[PDB]
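Here we have a structure that includes polythiazide.
Chains are lettered A, B, ... in the order of the sequence lines. Just so it is clear, chain A uses the PDB entry numbers, and the residues here are 131-605, in order. Residues 131-605, in that order, are what chain B shows, numbered as in the PDB entry. Both ligands and their constituent atoms are indexed starting at 1 by order of listing. For the numbers below, each heavy atom of this structure counts, side chains included, while hydrogens, waters and symmetry mates do not.
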Protein chains: 2
Amino acid sequence: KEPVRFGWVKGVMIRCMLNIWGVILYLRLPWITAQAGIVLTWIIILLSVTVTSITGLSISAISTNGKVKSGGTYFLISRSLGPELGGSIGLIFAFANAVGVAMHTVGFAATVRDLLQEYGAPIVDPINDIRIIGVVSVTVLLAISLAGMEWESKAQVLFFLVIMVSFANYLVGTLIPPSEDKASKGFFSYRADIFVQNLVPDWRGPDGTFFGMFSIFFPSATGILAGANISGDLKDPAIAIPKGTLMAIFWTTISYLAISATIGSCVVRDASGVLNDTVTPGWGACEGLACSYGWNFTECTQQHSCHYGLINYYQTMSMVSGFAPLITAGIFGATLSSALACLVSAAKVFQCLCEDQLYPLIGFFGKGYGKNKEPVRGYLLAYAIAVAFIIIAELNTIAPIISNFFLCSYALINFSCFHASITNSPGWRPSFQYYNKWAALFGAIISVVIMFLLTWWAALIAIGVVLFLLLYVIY
Amino acid sequence: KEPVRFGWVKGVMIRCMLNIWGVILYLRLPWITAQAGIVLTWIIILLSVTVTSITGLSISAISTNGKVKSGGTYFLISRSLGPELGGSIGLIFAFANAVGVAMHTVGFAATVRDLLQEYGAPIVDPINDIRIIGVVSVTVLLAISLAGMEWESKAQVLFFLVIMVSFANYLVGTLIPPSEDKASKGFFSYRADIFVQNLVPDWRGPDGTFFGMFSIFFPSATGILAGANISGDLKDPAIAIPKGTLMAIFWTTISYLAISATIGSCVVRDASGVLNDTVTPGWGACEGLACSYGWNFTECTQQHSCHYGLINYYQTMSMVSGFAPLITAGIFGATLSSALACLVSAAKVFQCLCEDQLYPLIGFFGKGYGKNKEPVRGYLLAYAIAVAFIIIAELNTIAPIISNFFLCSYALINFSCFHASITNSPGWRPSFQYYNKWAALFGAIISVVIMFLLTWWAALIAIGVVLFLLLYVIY
Ligand SMILES: CN1[C@@H](CSCC(F)(F)F)Nc2cc(Cl)c(S(N)(=O)=O)cc2S1(=O)=O
Ligand SMILES: CN1[C@@H](CSCC(F)(F)F)Nc2cc(Cl)c(S(N)(=O)=O)cc2S1(=O)=O
Ligand code: NA
Ligand code: NA
């Protein structure tokens, strides 16, 4: 029986777009669009998708150089800078993936717990919900993954249709004239005054600065390596990976631009929330843009003490939409698909590191054969780390370290491309047309600069871990 | 004719103590002792002189391994981690020395300009005073250095006696009962109440925190390599360098502890300055410690608006002293001696890098023979950089970069000692008794941690410069 192989749409493009898409799309992008305005948010997005376009070009060059197995992303790092950065970066990559599984299952569990506690169902413990639900969910994802690749592919296609149905729901909701409830919370239909009033920044709070918004958005634009991790299950990786990866980046960026632009021209940044604030005839004068529409939000602006509008309410996108539960369905499909992509990615890197003869550090892990064409001893190792970090259940302080474990790989992939091309290395002869040494060098430099600019002590911890592994292997 | 050779007192100990001693001894240590109290200042000092004791032990181990020439400090880095970190760290070291010459000549020129502008107006303009005086002074130092080693040694001994005369002046001044003028500014003789009241911190201002005081004091404790840079002009380096370097560190630390402890038990932290604040009979009550001595400084504490006392006035040490001009003479001898040590150090590293066959980057600099047993083409290269940075004349923003250029050398010296000892390197067999691998490893780690903890972007710039040199040499 032949194995199962996938095309460039269902194998590379869908997976990459599903891993890039998360919950910043639903719960933070409308707030970033309010703090920083439309134009400066577009600058944020287009600056973030340059570091990932350059790395996508390096990946597309690596893919058109020969046949690699699934999870051999670090083979170029190994054969260009020695096999002790190969295995060390491989292990760091495959550990960051298995922690991202936990950090997404926790995000799904929190949404389910919040949805549950409103409907009734007296829960057990207000924080053991996020543990029981997380463990059950990660076990169901493990079963799906361990039942084969076809079932994982079908689950991913299901998630893709759910996300698109949420998008169409939102886009239909924005074209429907406001009702009393939505106009009382800020949503007015497409208006020209709101587009102009909302192009320029309005920073508020202790975190509202351009660096803060870059810190919120940038880590949620990466994920472009989900289709290159399974480069051994595709029908022709040398054509499937460049096209799929680059169109994934392109269409994800178009969605990010369209959502911010259309949300920024419909909802004002301050609104009261109660229907008893329509304009009174004879009430002297009122200050504010919405006064021309029949609503009076002066008390908010005077006191800074209300909870609705584009800048104060994190769930504006659910309010604008025609029917609200489809946005929650979109959130489910956005978190579970990223968790599934990370679980499949961390398994095929562990399974390659366990079979790597030149990096024998963890080659001892396998006892049973598991000869069913599945990385069983790489699925169980990722499941253990995911469950261990789901038990802890509060991961907002471990996040910078894990997020720098991923930029340590971007920097070394780009620098290995540059180093092998300038040195005329014996066997590195890519054929991708749009690849250049100096773009790769720029990507390698800018990834380290961003690593330290985000949080310097987390970068020091990441580099210390990589160095400890590298030096424990040399000695 | 034989060359001139020096003993361990006039060759290693005096030079190291004169390079460690600067102006923090005179103008900032009494202020650090006031912000942080006596005990926490002692902790500052003893934490700073651990990173330098460990590096002194590594240096003393390198020195008892064989005969090195003058300026071959980076030879162990070259033969343990390859000759492209050897030359790169050597060049960075010898450039930081030549910029330290400028940063000390500017400090001397500022003192001379301030002393001049008070006595009359024989000044061009502070702006260009600090340039004309700086250039003339650095040229006089260049002449002294270029006239031989004996004259430089005599100048250093002169500076040492001037500093000791300043110390004895201050110590005699603190034992003399206060007069009206000194008591009106805060100086009371050795009192027991003041010792107790002034042991615990009192942080004020936007910079008054333990990290801030570490940042002020730590860079002014290094300079321990001034006697190992001329290890080719000593009578027996293998005995002279360990003993001289370690006793230099010991006696400098004893002076740092004694000055802070004795200044902290004589002067209160707030005092008005005018003689019209003695205690009035019938003036109700007064708040403050000095009220028991006959002085009334309540208005300061109420308004925070006076300019004298240990915490507000930077020149307390000149006020306490019996005769004040000897403190200014001590400041001259402290800045000019450090500038002279840095000028001799940067010349003998440039001259070794110009004659280094395995690092040919700047081996082209020499045209004339200059066969007079002096590094003429290393003196002129250091003179050029010193003059170039004295013309700029405002160097408070370049300081962190230059100060991290010096911790990049500490880290690599310590790590090269550890790496050569664990690897059983063929030819690294030191005989210094008090040397251990793990102390060197700790020093190498803590130097990088301190590099980034002081200022992270300056550390990134320093590491980027080192990497650019290292990679330009490989390609
Ligand atoms: C959304 N993710 C961010 C990390 S932000 C959350 C944090 F982990 F930082 F806490 N970066 C990447 C990068 C890659 Cl390359 C891959 S993947 N599957 O290609 O290997 C997956 C991810 S992610 O899904 O974890
Ligand atoms: C007081 N100095 C501080 C630097 S603080 C001022 C700054 F440069 F940072 F701006 N560190 C060192 C270290 C060494 Cl090792 C040597 S030396 N002569 O042994 O090579 C000289 C010096 S220093 O005299 O420049
Ligand atoms: Na997703
Ligand atoms: Na000095």
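Lab note - all copies counted, polythiazide located at ligands 1 and 2. Within 4.5 Å of polythiazide (ligand 1), most heavy-atom pairs belong to the chain that UniProt identifies as Solute carrier family 12 member 3. Counting only heavy atoms under 4.0 Å, the other chains near polythiazide (ligand 1) are A. Using a 4.0 Å heavy-atom cut-off, no UniProt Na(+)-binding residue of chain A is near polythiazide (ligand 1). UniProt transmembrane segments of chain A (numbered N-terminal first) having any heavy atom under 4.0 Å from polythiazide (ligand 1): 1, 3, 6, 8, 10. In chain A, UniProt chloride-binding residues less than 4.0 Å from polythiazide (ligand 1) by heavy-atom distance: A/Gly353, A/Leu355. With the cut-off at 4.0 Å and only heavy atoms counted, the binding site of polythiazide (ligand 1) comes to A/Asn149, A/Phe223, A/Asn227, A/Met233, A/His234, A/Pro349, A/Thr352, A/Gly353, A/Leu355, A/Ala356, A/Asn359, A/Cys472, A/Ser475, A/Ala529, A/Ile532, A/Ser533, A/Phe536.
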